[PDB]
Amino acid sequence: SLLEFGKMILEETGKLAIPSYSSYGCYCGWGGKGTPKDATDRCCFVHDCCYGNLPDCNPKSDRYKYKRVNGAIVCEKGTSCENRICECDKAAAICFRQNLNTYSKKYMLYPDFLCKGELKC
Ligand SMILES: COc1ccc2c(c1)c(CC(=O)O)c(C)n2C(=O)c1ccc(Cl)cc1
Ligand SMILES: CS(=O)(=O)Nc1ccc([N+](=O)[O-])cc1Oc1ccccc1
């Protein structure tokens, strides 16, 4: 669920999920169409794609638990929907962490019309 994810994001990047990530590029937060504008945008894209493989789960409201083994994010045994979700968020977390150095503000609050193009997961 978002609470977990957001907290995971803050620990990892030091930036707050909302609003640093709720309206970035074409895929962070609003999902939908387009060509990811950048690495972070791709992270979000691969992430939306991750929730896409769990049709009958509820990434948003289902809560899972995770811990840190020295800085490592470690998803704890829960329902199977819970485990698979958590893996999906961990990746996004890492991913964001891996491209902080190219996180660009001109993609904050990006207008929808500039998000057209095709991309299959
Ligand atoms: C590729 O992108 C997707 C696809 C489906 C999604 C989401 C993101 C998010 C993610 C979001 O809002 O960031 C949620 C919550 N999805 C569903 O609940 C869902 C539920 C029931 C059926 Cl039968 C099919 C899909
Ligand atoms: C899930 S939605 O319809 O895509 N809204 C939404 C998108 C991103 C985030 N977030 O924390 O990164 C949080 C989000 O929603 C909330 C807004 C305020 C308080 C709690 C959740």
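Numbers in chain A come straight from the PDB entry, and the residues shown are 1-14, 16-56, 59, 61, 67-86, 88-122, 124-131, 133, in order. Note that ligands are numbered from 1 as they come in the structure, with each ligand's atoms numbered from 1 the same way. Computed from heavy atoms alone, side chains included, the values below leave out hydrogens, waters and symmetry copies.
- The main partner of ligand 1 in this structure, judged by heavy-atom pairs under 4.5 Å and named as in the PDB entry, is Phospholipase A2 VRV-PL-VIIIa.
- From the options indometacin, stanozolol, resiquimod, the one located at ligand 1 is indometacin.
- The drug assigned to ligand 2 in the PDB is nimesulide.
- In the deposit, the organism given as the source of chain A is Daboia russellii pulchella.
- Shortest heavy-atom distance from indometacin (ligand 1) to a UniProt active-site residue of chain A, with the residue named, rounded to 1 Å: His48, 6 Å.
- According to UniProt's Ca(2+)-binding annotation of chain A, the residues with a heavy atom under 4.0 Å from indometacin (ligand 1) are as follows: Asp49.
- At a heavy-atom cut-off of 4.0 Å, the residues contacting indometacin (ligand 1) are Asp49, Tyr52, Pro56, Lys69.
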